[PDB]
Visitor: 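Structure: Histone deacetylase 6 in complex with resminostat.
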Amino acid sequence: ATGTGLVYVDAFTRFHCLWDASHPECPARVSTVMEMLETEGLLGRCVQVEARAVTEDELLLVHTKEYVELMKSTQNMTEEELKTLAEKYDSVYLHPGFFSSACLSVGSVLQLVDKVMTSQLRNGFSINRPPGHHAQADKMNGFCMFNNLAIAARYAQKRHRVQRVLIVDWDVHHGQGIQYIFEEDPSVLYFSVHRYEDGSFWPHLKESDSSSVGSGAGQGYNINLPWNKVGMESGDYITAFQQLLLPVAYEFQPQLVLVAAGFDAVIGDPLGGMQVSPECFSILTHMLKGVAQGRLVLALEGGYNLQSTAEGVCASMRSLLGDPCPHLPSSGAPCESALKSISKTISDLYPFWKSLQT
Ligand SMILES: CN(C)Cc1ccc(S(=O)(=O)n2ccc(/C=C/C(=O)NO)c2)cc1
Ligand SMILES: [K+]
Ligand SMILES: [K+]
Ligand SMILES: [Zn+2]
């Protein structure tokens, strides 16, 4: 009843890049996380929750039938056919076990949502791969096949009659797939903090700027915080959460919080270029527990330094378990660049949120 759920299955390690032995999205990502959770004594304090395969109908909450059929067919393809198809998308690989593992990756999040919404667990973390936040209605993208958290949000709405879901994406990349799926939807609030650099950082989209606030019925319910300098630190994230994200979150009154919990913003990541201490994520996780009765589910997205990502997961897990907020190595003030970005996003979202009108 008062526990923290954890999902991990060996299938999460049974796919990898056949044609690039050094691809950063690899099985060692999750096995290293699991090893550190054990050596830190955190794994044994969690409630083990079994994974399950997403159903076709659940995938169709977000993805097209044509795309689901195509992805289902990759389990029977030759390596040459997998490479030919993978190259039709931006930055993906395929593997005979990718579809099977991707279905368990979605399902792991749904399993935690079930436990949390029925008050059987307080919160949970899925240690899943492949990641999801770049996947789109009809295409793979950015190492992702299915959009784990977008499916989970719509599942929570359909299965548990949740009205409002908050998705917080602290991966260093913009989860444009999530943004696109919910762009016109005021019932799912999407917040992303990400490296941008005027579009020079992948995925190079103007829609990743803070001027993209949602459209149609969804205006105000998409919040982008783009960083335009590398080297951001814990203080930059803490400031953004205290004065932008959490004021909006309390005004929105979500009934479930889903976190796209990537750790490629952590110190040492080979792709992210940021300097956030892993301990920062204990603090960010604590803040999110005050909303939605603490009904909080984290799911692994990116993070490609094996040690840094494990440390980030552990720091988040200590907070889910209710351990004391840890002292931070560098509790410095935010930098000028971060403050410019935060001010501009606040400016763009001001008309929609009373809690930002200060
Ligand atoms: C093939 N070798 C060189 C690895 C590689 C390095 C860089 C790029 S990239 O810059 O084009 N790119 C595309 C997607 C992402 C991020 C994914 C993510 O982490 N989401 O969380 C980054 C692609 C591939
Ligand atoms: K992000
Ligand atoms: K939205
Ligand atoms: Zn990422």
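One is the number of the first residue; the rest follow in order along the sequence. Only heavy atoms go into these numbers, but all of them, side chains included; no hydrogens, no water, no symmetry mates. Determined via X-ray crystallography, 1.6 Å. Whatever order the structure lists them in is the order used to number ligands and atoms, beginning at 1.
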Visitor: Hmm, which bits of this model belong to resminostat?
Guide: ligand 1
Visitor: Could you tell me whether resminostat has any atom less than 4.0 Å away from a heavy atom of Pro24?
Guide: yes
Visitor: Looking only at distances, please establish whether an N/O atom of resminostat is found under 3.5 Å from an N/O atom of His173.
Guide: yes
Visitor: How does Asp264 reach resminostat, by side chain, by backbone, by both or by neither, if only non-hydrogen atoms under 4.0 Å count?
Guide: side chain
Visitor: What atoms of resminostat come closer than 4.0 angstrom to any heavy atom of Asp171?
Guide: 20 (N), 21 (O)
Visitor: For atom 15 (C) of resminostat, grab the closest protein heavy atom and report residue, atom and distance to one decimal in Å.
Guide: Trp202 CE3, 3.6 Å
Visitor: For resminostat, is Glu301 a contact, meaning one of its heavy atoms is under 4.0 Å away?
Guide: no
Visitor: Identify, for atom 1 (C) of resminostat, the protein heavy atom at the shortest distance, and state residue, atom and that distance.
Guide: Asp20 OD2, 4.2 Å
Visitor: Looking only at heavy atoms, is any part of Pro131 under 4.0 Å from resminostat, and if so is it the side chain, the backbone, or both, or is it neither?
Guide: neither
Visitor: I'd love to know the other ligands and ions under 4.0 Å from resminostat, if any.
Guide: ligand 4 (zinc ion)
Visitor: For resminostat, indicate whether the residue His133 contacts it via side chain, backbone, both or neither (heavy-atom separation under 4.0 Å).
Guide: side chain
Visitor: Which resminostat atoms are under 4.0 Å away from a heavy-atom of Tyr304?
Guide: 17 (C), 18 (C), 19 (O), 20 (N), 21 (O)
Visitor: Mind checking whether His134 contacts resminostat via backbone (N, CA, C, O), side chain (CB onward), both or neither, at a 4.0 Å heavy-atom cut-off?
Guide: side chain
Visitor: Show me which atoms of resminostat lie under 4.0 Å from any heavy atom of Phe143.
Guide: 17 (C)
Visitor: With atom 7 (C) of resminostat as the reference point, say which of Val172, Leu271, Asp169 has the nearest heavy atom.
Guide: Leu271
Visitor: Can you check whether a protein heavy atom sits less than 4.0 angstrom from atom 13 (C) of resminostat?
Guide: yes
Visitor: I'd like to know whether resminostat has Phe201 as a neighbour, heavy-atom separation below 4.0 Å.
Guide: no
Visitor: Checking contacts now, so for atom 3 (C) of resminostat, which I'm interested in, is there any protein heavy atom under 4.0 Å?
Guide: no
Visitor: In the PDB record, what organism appears as the source of chain A?
Guide: Danio rerio
Visitor: Give the atom numbers and elements of resminostat that come within less than 4.0 Å of a heavy atom of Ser91.
Guide: 11 (O), 13 (C), 14 (C), 23 (C)
Visitor: Which residues and nucleotides contact resminostat at a heavy-atom distance below 4.0 Å?
Guide: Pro24, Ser91, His133, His134, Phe143, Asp171, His173, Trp202, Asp264, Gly302, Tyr304
